[PDB]
Peer 1: 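Hi! I'm looking at a structure that contains halofuginone and have some questions.
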Amino acid sequence: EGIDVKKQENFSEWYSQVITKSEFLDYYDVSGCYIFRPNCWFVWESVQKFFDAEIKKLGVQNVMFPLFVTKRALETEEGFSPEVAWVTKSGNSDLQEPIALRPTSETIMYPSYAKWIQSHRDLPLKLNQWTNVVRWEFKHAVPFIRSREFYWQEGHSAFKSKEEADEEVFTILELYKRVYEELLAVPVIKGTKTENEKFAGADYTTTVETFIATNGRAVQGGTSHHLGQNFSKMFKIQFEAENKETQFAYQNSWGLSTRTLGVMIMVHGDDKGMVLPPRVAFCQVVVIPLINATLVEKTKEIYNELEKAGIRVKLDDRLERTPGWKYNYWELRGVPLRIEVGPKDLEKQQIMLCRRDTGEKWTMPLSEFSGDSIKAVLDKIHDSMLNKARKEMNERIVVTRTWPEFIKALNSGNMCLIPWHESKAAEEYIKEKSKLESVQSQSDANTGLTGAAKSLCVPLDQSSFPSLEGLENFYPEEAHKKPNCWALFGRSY
Amino acid sequence: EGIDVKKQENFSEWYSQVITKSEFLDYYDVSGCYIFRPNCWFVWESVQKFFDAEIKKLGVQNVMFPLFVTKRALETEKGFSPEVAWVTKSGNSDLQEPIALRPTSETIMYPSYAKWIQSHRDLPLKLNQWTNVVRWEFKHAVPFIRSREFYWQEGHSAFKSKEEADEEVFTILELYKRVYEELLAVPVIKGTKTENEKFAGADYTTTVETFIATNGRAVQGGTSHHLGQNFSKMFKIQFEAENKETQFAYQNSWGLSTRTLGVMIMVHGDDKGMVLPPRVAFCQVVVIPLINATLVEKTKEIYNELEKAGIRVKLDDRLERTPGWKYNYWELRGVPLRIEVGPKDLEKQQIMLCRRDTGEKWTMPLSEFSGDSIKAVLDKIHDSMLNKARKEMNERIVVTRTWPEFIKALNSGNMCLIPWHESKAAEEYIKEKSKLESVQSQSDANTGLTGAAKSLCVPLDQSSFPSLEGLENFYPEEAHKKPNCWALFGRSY
Ligand SMILES: Nc1ncnc2c1ncn2[C@@H]1O[C@H](COP(=O)(O)OP(=O)(O)NP(=O)(O)O)[C@@H](O)[C@H]1O
Ligand SMILES: Nc1ncnc2c1ncn2[C@@H]1O[C@H](COP(=O)(O)OP(=O)(O)NP(=O)(O)O)[C@@H](O)[C@H]1O
Ligand SMILES: O=C(C[C@H]1NCCC[C@@H]1O)Cn1cnc2cc(Br)c(Cl)cc2c1=O
Ligand SMILES: O=C(C[C@H]1NCCC[C@@H]1O)Cn1cnc2cc(Br)c(Cl)cc2c1=O
Ligand SMILES: [Mg+2]
Ligand SMILES: [Mg+2]
């Protein structure tokens, strides 16, 4: 019926109410696993359709490798071993050989890559799969953001040269930016991860960072690695080059998950419920006749013209429901645009429009109604949602040249740009010190989160940042390691 | 290389060579699990695209429920226990209780159906999901046909009346017939399973049966159940009806798996390799210029015409390879149509065509060449493939009124239409009597198959069948129970 807790009052309770009452998600009796209902799964299918079409242009092909992986394969690569789920029984009998569930597919796929790649004519090899993933997360589960079963695509490419591989890393990273910005209306920051946060198997890791303004937390939104020759040496992925010598392939891997849906909801949801970006909305426009014979047919005509134009449109002519009840029903579920067709408005040859993101109501003359004009309204809603979130995000990025500035901005829910010289020890120092001086909400503490700051990324584009002249390393033991770039640090999920 | 064992010489070795050398499938180090390579996964994606579009017209919506099910939930349904795969630990730590991997999702989904359905206004509820499934099969694994991990869609619907549910069962069954015939060029027989073979939770089970002529075996191709109120009583799926009574919902479920791909290959594959039905072929047409600047330009124009028409076309202009080498390359991989462009052909303003299913070669004048005319050729190939398979299947259905006729037809690789009076004891009698008198190939024996006759289905359409007057029950202990329909029996996978 309604959200009874405000987003600003208790973020975790608000989130639970919005994802369930919108019919997006239900809870389940295996901890950390969730049910994706139709309006929710539609968003992920929309991401799939867009991403598939974009990677097809790059020559990537979809495959399906198995869910199961042997201990022998997995151990070809300690740190992650507590998160692996093990199948050990069939029926009532122990298996002679326990097997694990897919936590990622490097060790499942790369023995095949070593078989399939024999010469440079076999390269590039670029494969993708849309799969479920299992990780027995130690951290508290969070619907969409951190689930023990989640859904993703993982792409794995092999190249004859580093230049080709480098180019794909940033091409895929741009596609992840386009998913967030063009489909989900969520702004991103591109950067590289620090040595402590990057994939241990990667030469370097790139990320799109996203930001949750309500509790001032970043979310790692998607990942694109250059693996160098680290895995090709591990798995003997070699080829005869055109120069007749044998070389190790250069590889990348990259993944994007249903975490996207959680970011979308946390960024755009409000105290009336879901707010769906038009390009992933299960229903983009709901038409509601206010209740007469002629009004019904014009309402049917409005429905049919939008449907013919490819707009996902619904006609809510339910009899036993008041107009206001219908308004709440579809606002709760996130429909971006409502058309109200009333008798008074029909007399003036017009209709009433209400946009979900701002609540604004305005009239449109029927002479200006069309599939194109309604699509233009939907694009305006998309642009406003993205622009509002980007303005909020940018206002919450603070340049913090010194520790007192850093901890102050962190405690007020900002992301911080700090002078940086790469060092695992410096990053650990910052994490421990900020954690000791941090404060966080009871809701965040209940969600298993910490007030500690961690590295989010080193932004790719440093051109707008101020001078590093005279700035000191945040880690006093490494004052002799002069800062030479800016890093983004903040609280995180 | 190429296929070096004939389909009629050693069926299981032929099958292994065709699925691997065509780049459809690779073997893997977990028993009963296989790698689906791009050209193979394309077939399943094509089935998904078609089936999704058709069930959308019915109001069915896609969802995703979890991979895991609790022990308590799994035992609510009231045999299969040895096939259940159990996760018992994460890393080194035992779980509090083991959790099972999805063998099917009745016990995962129906507790939610009971929560979600409360009024007749909540019905019908029609959900579908495209998922992986795990069953610890005791029978010998067979690529595609019987794998320990497999992929399917499962649909689960709830209705306020039996009439609505009945209609859906046969609507879905017709869609499965269309998948096999219109996409895969595989003929089917629709029928109802006997009491011994139907799903224990179902009031009745329908099936599309398919036939592998090489070893005279049926394959159950897809399943559509009417569950009645059996599960809604089990899970308390109830609704307030229009008359204010509380009533149990009527339910169906239905599933179709990647077994489809195995049937397609076993039916159409030949001694040169894969033979792809055009509507699921990763590449429908390969254009090969015979080597010259004019020929190169005309060949590119031929390619461009087909690409613009939406035909999946490749241009194989590889330089140092004989025509016959390229021909073998694409024949092995199953491409249904080859276009050869040589200077002598262009001097007669014609191109040379060669169809994969029959090997026929013929010329087409350039003035008759277009996207539409090539599509018509591809449709002709589809029709021929389906018609050939149907003719063979019908020739291998034998009306067997007496036991000597039955065992003769069975041992010669036919399906048998027998006078039938439903009885589990009669079905078991026929199974054990036929097993004792049966013969089968060494390849079938090595595949873990048997010569026993299984009930396949009672065909829905009995109108073309002979008179039952004066026919005798095959089971002498029930001689007083006169045959009242015809049943299809045969060897099976
Ligand atoms: N448990 C999870 N649930 C949902 N999405 C996830 C989960 N773990 C990771 N992802 C997402 O999947 C992407 C690729 O996964 P990966 O690089 O393995 O993540 P990661 O290093 O484990 N990150 P994290 O655990 O969030 O600190 C990440 O960038 C996340 O956006
Ligand atoms: N192990 C398997 N591998 C691939 N497809 C399968 C497998 N088991 C069943 N299927 C297919 O999935 C459909 C729905 O499954 P279901 O009704 O549960 O099969 P079933 O009763 O176990 N049949 P079967 O084991 O072949 O005798 C079946 O009609 C088959 O076409
Ligand atoms: O999963 C990765 C690296 C990349 N794989 C391809 C898709 C994108 C992704 O960033 C990092 N990672 C994360 N969590 C893991 C958990 C376990 Br359990 C294991 Cl064994 C391994 C891993 C592991 O490798
Ligand atoms: O899986 C079924 C019934 C139907 N489920 C929905 C899709 C279509 C399908 O025919 C039958 N079946 C088959 N094999 C099973 C194996 C195990 Br293990 C379990 Cl627990 C249960 C089952 C089980 O229920
Ligand atoms: Mg992780
Ligand atoms: Mg079975």
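Chain letters follow the order of the sequence lines: the first is A, the second B, and so on. We number chain A the way the PDB entry does; in order, the residues shown are 4-80, 85-298, 304-505. Note that chain B is numbered according to the PDB entry, with residues 4-81, 86-298, 304-505 shown in order. Whatever order the structure lists ligands and atoms in, that order sets their numbers, starting from 1. Side chains included, hydrogens not; waters and symmetry mates left out as well; all remaining heavy atoms used.
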Peer 1: Which components of the model belong to halofuginone?
Peer 2: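 Look at ligands 3 and 4.
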Peer 1: State what halofuginone (ligand 4) is bound to in this structure, picking the chain with most contacts and naming it per the PDB entry.
Peer 2: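 By contact count, the main one is Prolyl-tRNA synthetase.
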Peer 1: Looking at halofuginone (ligand 4), which other chains have a heavy atom under 4.0 Å from it, would you say?
Peer 2: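 Non-hydrogen contacts: B.
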Peer 1: I'm trying to map the binding site of halofuginone (ligand 4) - which residues have a heavy atom under 4.0 Å from it?
Peer 2: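 The heavy-atom site around halofuginone (ligand 4) is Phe87(B), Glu90(B), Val91(B), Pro110(B), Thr111(B), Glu113(B), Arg142(B), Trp159(B), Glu161(B), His163(B), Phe206(B), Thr230(B), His232(B), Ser260(B), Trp261(B), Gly262(B).
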Peer 1: Hey, is halofuginone (ligand 4) close enough to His232(B) that some N/O pair sits below 3.5 Å?
Peer 2: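 Yes; at least one N/O pair falls below 3.5 Å.
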Peer 1: Return only the organism name the entry records for chain B.
Peer 2: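 The PDB lists Naegleria fowleri.
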Peer 1: Decide whether an N or O pair under 3.5 Å exists between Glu113(B) and halofuginone (ligand 4).
Peer 2: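 The answer is yes, given that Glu113(B) and halofuginone (ligand 4) share an N or O pair closer than 3.5 Å.
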Peer 1: Could you find the nearest protein heavy atom to atom 8 (C) of halofuginone (ligand 4) and give me its residue, atom name and distance?
Peer 2: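 Checking every protein heavy atom, the shortest distance to atom 8 (C) of halofuginone (ligand 4) gives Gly262(B) N, 3.4 Å.
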Peer 1: Quick one: look up the protein heavy atom nearest atom 1 (O) of halofuginone (ligand 4) and list residue, atom name and how far away it is.
Peer 2: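 Here the nearest protein heavy atom works out to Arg142(B) NH2, 3.0 Å.
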Peer 1: Name the residue and atom at the far end of the covalent bond from halofuginone (ligand 4), if one is modeled.
Peer 2: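 The entry shows no covalent bond.
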Peer 1: Does the N or O separation between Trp261(B) and halofuginone (ligand 4) drop below 3.5 Å for any pair?
Peer 2: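 By distance alone, the answer is no.
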Peer 1: For atom 21 (C) of halofuginone (ligand 4), grab the closest protein heavy atom and report residue, atom and distance to one decimal in Å.
Peer 2: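 Going by distance alone, atom 21 (C) of halofuginone (ligand 4) is nearest to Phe87(B) CD1, 3.5 Å.
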Peer 1: Please say whether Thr111(B) places an N or O atom under 3.5 Å from an N or O atom belonging to halofuginone (ligand 4).
Peer 2: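 Yes, there is a polar N/O contact under 3.5 Å.
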Peer 1: What atoms of halofuginone (ligand 4) come closer than 4.0 angstrom to any heavy atom of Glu90(B)?
Peer 2: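 Those of halofuginone (ligand 4) that fall under 4.0 Å from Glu90(B) are 16 (C), 18 (Br).
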